[PDB]
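Proteins come first, then strands; the chains are lettered A, B, ... in the order of their sequence lines, and each starts at number 1. Each ligand, and each atom within it, is numbered from 1 in the order the structure gives.
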Amino acid sequence: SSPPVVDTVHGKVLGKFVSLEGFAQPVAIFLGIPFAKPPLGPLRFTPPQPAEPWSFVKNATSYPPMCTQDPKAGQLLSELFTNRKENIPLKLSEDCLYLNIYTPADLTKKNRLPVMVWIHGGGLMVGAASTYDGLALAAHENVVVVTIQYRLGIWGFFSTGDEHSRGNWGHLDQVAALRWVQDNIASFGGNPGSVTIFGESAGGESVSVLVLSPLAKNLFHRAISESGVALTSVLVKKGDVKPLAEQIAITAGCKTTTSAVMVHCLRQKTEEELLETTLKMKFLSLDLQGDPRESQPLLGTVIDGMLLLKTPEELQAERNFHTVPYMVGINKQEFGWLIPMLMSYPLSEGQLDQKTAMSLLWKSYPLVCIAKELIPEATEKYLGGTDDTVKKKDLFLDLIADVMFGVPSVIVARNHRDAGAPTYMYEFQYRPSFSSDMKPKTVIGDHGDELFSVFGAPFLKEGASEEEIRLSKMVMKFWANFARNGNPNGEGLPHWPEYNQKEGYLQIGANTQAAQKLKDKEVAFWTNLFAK
Amino acid sequence: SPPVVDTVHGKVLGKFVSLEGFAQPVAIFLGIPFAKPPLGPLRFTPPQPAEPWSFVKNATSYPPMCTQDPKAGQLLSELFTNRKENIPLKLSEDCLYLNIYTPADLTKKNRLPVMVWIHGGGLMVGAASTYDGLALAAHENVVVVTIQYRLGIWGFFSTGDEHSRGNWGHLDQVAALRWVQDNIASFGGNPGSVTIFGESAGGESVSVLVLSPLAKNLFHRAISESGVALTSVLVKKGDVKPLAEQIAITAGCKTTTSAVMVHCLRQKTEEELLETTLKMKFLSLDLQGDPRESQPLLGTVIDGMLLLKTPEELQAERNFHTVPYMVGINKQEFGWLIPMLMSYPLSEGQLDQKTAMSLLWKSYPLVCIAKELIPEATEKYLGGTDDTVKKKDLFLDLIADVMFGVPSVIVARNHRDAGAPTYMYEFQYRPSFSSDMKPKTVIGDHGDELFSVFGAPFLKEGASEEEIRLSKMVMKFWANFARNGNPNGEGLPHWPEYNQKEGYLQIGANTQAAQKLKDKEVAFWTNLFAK
Amino acid sequence: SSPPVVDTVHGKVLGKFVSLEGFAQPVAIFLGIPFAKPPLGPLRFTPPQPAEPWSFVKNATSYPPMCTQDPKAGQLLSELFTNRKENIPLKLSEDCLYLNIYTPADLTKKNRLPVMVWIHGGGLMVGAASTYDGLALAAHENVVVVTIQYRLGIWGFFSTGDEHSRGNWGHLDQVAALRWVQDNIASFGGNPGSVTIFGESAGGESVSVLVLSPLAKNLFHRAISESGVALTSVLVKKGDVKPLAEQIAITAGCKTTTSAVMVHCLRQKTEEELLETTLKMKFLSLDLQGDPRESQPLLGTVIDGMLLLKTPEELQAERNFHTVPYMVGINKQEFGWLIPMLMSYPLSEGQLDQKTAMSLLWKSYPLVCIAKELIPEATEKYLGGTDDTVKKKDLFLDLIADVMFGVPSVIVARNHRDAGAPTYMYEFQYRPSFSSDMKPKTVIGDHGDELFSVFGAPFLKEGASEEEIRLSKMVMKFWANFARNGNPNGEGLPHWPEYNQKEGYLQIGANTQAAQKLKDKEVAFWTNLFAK
Ligand SMILES: CC/C(=C(\c1ccccc1)c1ccc(OCCN(C)C)cc1)c1ccccc1
Ligand SMILES: CC/C(=C(\c1ccccc1)c1ccc(OCCN(C)C)cc1)c1ccccc1
Ligand SMILES: CC/C(=C(\c1ccccc1)c1ccc(OCCN(C)C)cc1)c1ccccc1
Ligand SMILES: CC/C(=C(\c1ccccc1)c1ccc(OCCN(C)C)cc1)c1ccccc1
Ligand SMILES: CC/C(=C(\c1ccccc1)c1ccc(OCCN(C)C)cc1)c1ccccc1
Ligand SMILES: CC/C(=C(\c1ccccc1)c1ccc(OCCN(C)C)cc1)c1ccccc1
Ligand SMILES: CC(=O)N[C@H]1[C@H]([C@H](O)[C@H](O)CO)O[C@@](O)(C(=O)O)C[C@@H]1O
Ligand SMILES: CC(=O)N[C@H]1[C@H]([C@H](O)[C@H](O)CO)O[C@@](O)(C(=O)O)C[C@@H]1O
Ligand SMILES: CC(=O)N[C@H]1[C@H]([C@H](O)[C@H](O)CO)O[C@@](O)(C(=O)O)C[C@@H]1O
Ligand SMILES: *[C@@H]1O[C@H](CO)[C@@H](O)[C@H](O)[C@H]1NC(C)=O
Ligand SMILES: *[C@@H]1O[C@H](CO)[C@@H](O)[C@H](O)[C@H]1NC(C)=O
Ligand SMILES: *[C@H]1O[C@H](CO)[C@@H](O)[C@H](O)[C@H]1NC(C)=O
């Protein structure tokens, strides 16, 4: 037909029509719409600013660059998570505050379809919005799908602890994109009055953070955190961050005389100079030699004083904040493969023992934060059963998946429920046929596995069993319904109990049926252990 | 008793200078800043108001000319200068200055018409210090202002998007005009009677300002000499991104996105960009390669701010600011100066149908004639005498018509049909100030009227009494236009307005009116191009 | 109990309680409160901007860096003037617009104690606020003592003579601090309505300058210049400064095409690059080989058009400016040791003679500005007495101390007096026990010798005779009383005649008694000599 030409606040944007198998109405797709001014030069380490308005018709027809991040880890994660046929090779640039829109609406008429904003994950160190294709979800459930990008690593989370560089640039970028949604989405047949944000892992945590943030108030109306919340310690730095700032500054070749000096010095560095420092900082990998308490796995969220007025924990204490329908879920085996693999865990033997375990758990301090003293008591409550090493090692991985996502997600769900807001929980237990070959065939419900169902991978990729195609159809219906009514339920779908005092949740997979008190036993155990 | 005028930003000190046979000495101020130096981050951005100074700024030294090829720059300065000694100039990104020549007695109120001169140089070279206003100012009693604007990459670099729209140079130009409105009164000038005039690219600029919304109300009479907004070579229509990327790669930059390019270039040093400017090989006719790829230079673009759409489209609707507009050309635009500089293969002094058609093709950037129509055009002009040397000249007329000839006339007509006072002229004279290397058969070579217009005869030496008179006449004519929007006046031949009869003025040894200038050629090309 | 936490305009500030021998109420000490935004990057060579407000509680508990200067010369001066026990080694940085506060007030209650702002000296090329400890003065006289810093050297006084870099950045920095005191000092139990500014040497000159500046109007209510005023030539550049600018630019490796080109080119230079140029420019040292008229001893105040509308001489002509109680004083032997020492004066023979003298006086042109023709007439009026060479030297040194501080100070005093404003003069003649060993015991009242009494060095240092302890007790009472009522006098202290037509001043030291017409004979002599 004819290229779509929507009219936004900063000017006209031109897209491209794409049809999905067995769908009359073609989906309008705009790739690379800028939602802010490039954070280059002096804008680095500062909040994002409004984008400059353009004069004619901007061609939103090319995949925007992904924020600077280690190019290997980045491309890799893009392949293992992409829900599309071909993995699109991406480019790197500080100029990355862009978002992609997938609208199933017939733009020739008014339309106010629920909007779903996806915040990709990647430990806040890597990732990209272009990885996730919204064609399917948009087509199948009739919702406008928007994929946003935000500053990562040093660029998006470098913090000096003071006003010279507060931090959370990335989250601010996120908040920025949501403001863009409020002021424009209507021109793409979406209802700015019904926005639903949902993210996975670091993306999920972001969502949990926004729910806590004062700035995010009124920018969304329903939230969904998948495999990650604001209590996932590894992503939130509590304590004096000055030391890390100083390390980074030094690694980049900077004086550390004062905060203002460090920030300045760094603003002078070239992107490559900073990408080079990142690599040197050796993030994203498990340090096996050195004090586990000094190892810094990433540059995460902080209590800046603008986005987060206090530790997530304290915050959720007072239900006095913006409470909305919130769906919090986790996967059966979060630490089953994908992560212990990308980080390079000493598990080539495929077996473990009390001694080796306790040592690992200790060296895994940055990820779980368990005191060297309590290590023994924890390693036991989980590995003290069967003497079977291979079982102990499989229990070891559960040990971590519980402290990182399990308990945290449930604790967040509960406080949200007791806040008086509609809460739902789920536990995805399935092994997508899209898994990597290298991932054992026994590992089911690994980290990011639900992604394929959620983004309709079966309808864009190849080889989906008729069983998997159905699983995806259901999950989307469920997700889209939430986006619509703050309740996943609807006819033709199993019943999803609300997460109330009974604590009912939904086990999703080959066999989808409700249950209760998810990880209840674990939340109880860890809570005391940590109480010392 | 140095002149000390008071402007909005502060006091400016100049210098008095007397001209032969004129009681009143002319106050001359060299180097007044009309904008904040576009250095650092200000590069590739619109010009900003200059910082106001505290005491008395000494406007007594020729300001630097914007960065540009020092060789091509200095050479043009000599070949066009209307003064005795050429003044060697300096290069710098800090060049947003203007010079003023006021014949008024600053001890009294005076509101003399103002004439703002926009030098030319293909938007690549040139300076305002080259042209001296002493003469024109004293002789016709008008305040003369010479402005400078960013050239080359510094002034026309465009990414085609909001990250670097382009036309920085033209924006500087508008900047200067705003300055004149808020200050020229302090130099005995009438801010309500400002006339802009340029030569070549400057002529084009003047034509662009007439189409631009931003220029509305900053001038009241316009004059385009050998160049308008339809002189294709100077206006970039089409996706400019490609050229941006090439430039960016040449200077050693990533081309990831638009923002990235602009940012990386902002970081480059002046020398770095001047170096890139040379590498890009602008101003030189590329004889080997696809003529549709050779980029003659960086020019005007349709940015969305200065020009809301192509000049052609704009002049369609007479709904814009219409003012008395004088549009002229010279007998032989492509006679020597232009071809000589770009180094042309006419070292043989003769051509032939085959060779011609090839050149015309390799001159695509200059004329923009499709390889299919080339044969049909090469004929309509060279199809007569078999004399090669005659073809070698008919060839030069061929270019002179597509570049200035027809375009100028087309612009004149649309303005006329807009309901505005329009005048045209055709200068046919060989100044005694021409270069030696210039063949004495060329009469009306590009930029020949400049010597007459700026009274070169009264500043230089050896002007025949016949030339002195031609100059006296042109200025009178120009000045009158600046005064009433009509060149006519007593003591001058009659200059018919450019209405339906299309009367224009042939100027030179024998100055008399005529009609339908290039009429035959306008008609021809118009269709050829209609394919 | 623990930590004081004041609340300022830009956010809360946390300090530390320090008790002084024999004083109940502990003094609240805040070190390093920012009063302006770091003048880094593009902000270099531009007026200082308001500081960025912070989010939580800033820890004002570390000595701020001292502005970029000669680390050797800097630390050395720090030692020779510090009133505290241990000299505190400082750090260098362009980020240095900080001030330190010492408030004896009980912050748990409202208090409006007179405020005393100290502007350290150092020839505008070196120095720092951390050198001077306000604990004593604050405690002993119950005044809030504030020590400020301001850009020195190229960073604070680089001028192009035009609007592209007017200059006096350092003096604007000073004014900025005072505005900060107006808008904040109240929160430290200070009376923003009773601020007194006082400085020694270059700091004294600055005080003298703010008294003439329109920008300083209403930021203070009493002034005190110690050994330095606006007529101390060496510190004020009158004439075309462009030449010097260009030299500096050339030395730093810059094009001098235009003023704006030079400023821009310099902004690009790194701190080290500029520190390196500062060193090459061989400042603060006496050039013995070259035209004395070209030697530039330092970068100083200039007639910018903002801070100073015209030369101090012209300005003081019209009493039409802000007149306030002004105490101007000098030391018995300003040029006795310290300076000739630091500047490296050839006097290693400890003796001189008419010929040698006239040559030095000439080569000391930058410091005194005596034309080569008048040199003979001046060298005589002073050395013409005794044929004793060693006396000629002592006399030679007096010759200088009078042209640089003697006369200048008295002239400033008189004009201020004839303006109708309360004026007081003093002559300090004492040899502190804290002097350097290298300082001959003959010398008394060397440059900056009054500092030890003024800042209560005897109460923080060791070895103060009971005679010295008293001298200090007295000086502070005097200074403090002034800060309080614009009149040093009070009961328990000698009488200090106001500086009226009788021209009564106060000789201070072992024997403190009034006198009259200070340097009167010299003011008269040099006035004509200079009139040629
Ligand atoms: C939020 C969990 C996470 C992840 C992760 C995020 C989303 C999906 C899958 C994994 C991670 C880990 C390592 C990595 O690259 C290692 C480089 N190698 C290729 C050498 C890239 C991403 C993480 C856990 C602890 C510390 C830091 C990040
Ligand atoms: C603990 C389950 C496991 C893992 C595993 C390790 C870390 C995280 C998650 C899983 C495994 C998989 C592949 C492997 O090596 C392939 C050869 N290349 C390295 C060249 C080594 C170890 C395993 C499965 C079956 C048999 C033996 C071990
Ligand atoms: C608008 C016509 C013009 C001119 C011109 C403008 C005003 C007066 C005279 C000539 C031009 C040509 C060559 C040149 O430099 C060659 C030096 N070396 C590179 C050899 C500098 C300027 C031009 C024509 C075609 C392409 C680009 C510009
Ligand atoms: C078309 C005008 C031209 C030109 C010319 C062409 C392009 C640019 C600049 C100048 C010319 C003139 C002299 C010359 O060589 C002299 C050395 N020896 C070989 C004599 C070579 C070419 C010309 C003028 C008169 C007669 C014939 C041609
Ligand atoms: C305004 C009087 C002053 C002083 C001064 C200021 C306050 C207290 C004591 C001395 C000065 C002199 C030399 C010096 O360092 C030499 C380093 N070398 C050993 C390398 C540092 C400061 C001065 C006099 C003339 C020109 C420049 C400054
Ligand atoms: C002007 C007071 C002065 C000075 C002095 C010179 C320049 C700057 C500051 C002080 C002095 C001190 C010691 C000296 O030599 C020691 C070598 N020994 C082997 C003796 C030479 C000169 C002096 C003091 C006492 C007696 C004579 C002169
Ligand atoms: C630079 C580039 O080649 N990519 C395209 C960009 C991209 O959309 C953004 O850089 C990221 O999406 O936008 C354009 O289409 C446009 O504004 O007209 C230009 C170009 O075609
Ligand atoms: C080389 C140059 O142009 N700079 C000069 C500027 C000019 O005013 C402007 O640049 C415009 O001429 O200021 C001076 O003239 C001056 O006031 O002493 C000296 C300086 O050299
Ligand atoms: C970098 C450094 O160690 N200095 C200190 C600075 C100071 O403000 C000034 O730099 C000098 O006191 O910041 C703190 O005070 C702060 O607000 O937390 C603590 C920090 O220790
Ligand atoms: C934008 O896309 C349209 C497709 O209809 C195309 O015509 C246009 O040239 C594109 N923009 C550019 C100049 O790349
Ligand atoms: C500020 O001071 C308090 C107490 O002295 C201390 O607990 C806190 O950690 C300090 N902040 C800094 C600089 O880390
Ligand atoms: C004008 O004044 C400046 C200083 O005010 C002086 O240096 C200059 O010599 C004078 N003009 C010139 C350069 O002739």
**Q** Under what name is the drug at ligand 5 recorded?
**A** tamoxifen
**Q** Main binding partner of tamoxifen (ligand 5) in this structure, as named by UniProt?
**A** Liver carboxylesterase 1
**Q** At a 4.0 Å heavy-atom threshold, what other chains are in contact with tamoxifen (ligand 5)?
**A** C
**Q** I need the residues around tamoxifen (ligand 5) for a figure - heavy-atom cut-off 4.0 Å, please.
**A** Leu77(C), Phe81(C), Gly122(C), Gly123(C), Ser201(C), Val234(C), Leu284(C), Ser285(C), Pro297(C), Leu298(C), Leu338(C), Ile339(C), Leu342(C), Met343(C), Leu367(C), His447(C)
